[PDB]
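Alphabetical chain letters, starting from A, follow the order of the sequence lines given. In chain A, numbers come from the PDB entry; the residues present are 5-25, 29-53, 59-163, 167-292, in order. The numbers used for chain B are those of the PDB entry, and the residues that appear cover 7-24, 27-48, 58-81, 87-292, in sequence. Indexing begins at 1, ligand by ligand and atom by atom, following the structure's order. Excluded from the calculations below are hydrogen atoms, water molecules and symmetry mates; all remaining heavy atoms, backbone and side chain alike, are included.
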Amino acid sequence: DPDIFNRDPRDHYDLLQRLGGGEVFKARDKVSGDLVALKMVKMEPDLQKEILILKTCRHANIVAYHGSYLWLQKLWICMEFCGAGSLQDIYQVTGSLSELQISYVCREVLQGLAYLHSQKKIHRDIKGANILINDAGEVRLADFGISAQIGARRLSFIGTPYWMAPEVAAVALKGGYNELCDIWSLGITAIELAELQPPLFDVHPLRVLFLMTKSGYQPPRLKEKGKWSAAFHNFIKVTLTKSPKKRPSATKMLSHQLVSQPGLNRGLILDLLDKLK
Amino acid sequence: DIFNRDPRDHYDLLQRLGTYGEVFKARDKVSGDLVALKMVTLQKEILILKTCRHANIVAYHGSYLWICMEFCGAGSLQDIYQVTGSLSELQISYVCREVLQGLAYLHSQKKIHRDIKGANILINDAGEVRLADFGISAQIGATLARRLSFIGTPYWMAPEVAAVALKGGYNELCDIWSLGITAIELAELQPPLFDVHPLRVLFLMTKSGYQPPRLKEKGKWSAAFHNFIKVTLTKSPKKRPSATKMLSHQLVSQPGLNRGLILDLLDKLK
Ligand SMILES: CCN(CC)CCNC(=O)c1c(C)[nH]c(/C=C2\C(=O)Nc3ccc(F)cc32)c1C
Ligand SMILES: CCN(CC)CCNC(=O)c1c(C)[nH]c(/C=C2\C(=O)Nc3ccc(F)cc32)c1C
């Protein structure tokens, strides 16, 4: 907001495509030739904290920020371009990922969460659609629009219901919650990647919240049992823990068998980006 | 009385259309009638849609599991106003009158729609206005000490539905609020606060000192219409009028309301 450039962004950037719907364009720094992504939102001068959260980030797993432009009542946010788009854009064509593929993504997201949490920040919208893959098979985090800055417990009722932790769903009754909700959202996201839908996705979202506040609510499991390994079923069991008091941190999960086992690298995602042909 | 056969044995799948299971244009094999089929307490929508014989409620033909229903050619009002733009205060007024008749019959049947919105109001090629998608509709029965479920589409919900506190609950008068929001939607193409996160919208509706929305530009709209918004979007359910009561408001009982208005709108499309 204070480091905004009052400049037409088209001055130094060729816009190349429409990808969004706020709207999001593929662009190119004219002099540099470097690709970027410009998120444009129409702004009547009469929730822009996403800027505050990104400008202060400095991590490979978090989408990179380059500056914000404001022109003619239009707000443009310049960020790091990711060739293959979201994992949702991908898996919809590809089909469900392998366990190694899923394993890699979780390690990378947990890397981005660990950093983000130590910065005293929660994403609160971890889902396949907010995880971006660059042409080099790398993983980045995006859509910090509903993400929160702490400085100790959040009170807001927000998220995408299917991916929302139960302590968030019940926030109006159970009081504040904290950063362990991104770990729940990650577990759901693992299943999203495994089954192409999050659990209960055909249920009305508001109902899925109510259901998940019920006493005796059972956290989701993977459907095909034998299809996945012992290490994966456990990763789900523990990430999807109801009591946030008992649910592991990002740091503790990075040392889990599923994400600590060898073989995991940006290669498996390139192997996934091949199936897009 | 759900059939174990195949929906295609009576009908056809000739085009595709937009509500959970998708909609598909269809033709009766024997007579030549057009129907739309939806492809998916499982038997809840069909039980409400059966036991419904009213002009403003989309017809019901059978179910198998594809719920077979009357075909509407001009899709939803939402499909239409994405082409046409702001409906005129008259066309809105007709639609509202038409929807209230729908709701008044529904309430007298102890039914509540709970998802009144532009997207769920269907216009057939005859210019008839119908209400569809009873996927989250209620049927008040003999259940003792019931509290109605936390469900809907936030932008269109009445504040009393947004409450999850122990103290509260709602009745059929939630529909009258939804209708109010729908009128602004038909008028400004967006319900109020559409740019807000929908779960944040639910939170605001419950806070101390919430104010119902009103039409954003005053001059464009009459005082009957401005008033119509005011009363349908009454914050307190006790003070909010009923379907029957609304049908005699200045706006929906004014002279000039005939299907003709809808037919003109169906030419903005052509
Ligand atoms: C693969 C399926 N489709 C085939 C053309 C493409 C669909 N998806 C695409 O094109 C796509 C691409 C190539 N980038 C993005 C989004 C972002 C990006 O790159 N950096 C960001 C930073 C922040 C943010 F909020 C979004 C993005 C999409 C949706
Ligand atoms: C993009 C705007 N276009 C209109 C100009 C869309 C074209 N037309 C369309 O999308 C469309 C048509 C022609 N029918 C429907 C849906 C239903 C219908 O007909 N009977 C029902 C009964 C129940 C129900 F749950 C849905 C429907 C759509 C979305």
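- The drug positioned at ligand 2, selected from tofogliflozin, sulfasalazine, sunitinib, flecainide, is sunitinib.
- Measured by close contacts, the chief partner of sunitinib (ligand 2) is listed under the PDB entry as Mitogen-activated protein kinase kinase kinase kinase 1.
- With heavy atoms closer than 4.0 Å, the chains neighbouring sunitinib (ligand 2) read B.
- The UniProt domain of chain B that supplies most contacts to sunitinib (ligand 2) is Protein kinase.
- The source species given by the entry for chain B is Homo sapiens.
- Of the residues UniProt marks as active site in chain B, nearest to sunitinib (ligand 2) with least heavy-atom distance to 1 Å is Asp137(B), 10 Å.
- Near sunitinib (ligand 2), within 4.0 Å on a heavy-atom basis, the structure shows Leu23(B), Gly24(B), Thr27(B), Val31(B), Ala44(B), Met91(B), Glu92(B), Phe93(B), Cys94(B), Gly95(B), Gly97(B), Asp101(B), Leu144(B), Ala154(B).
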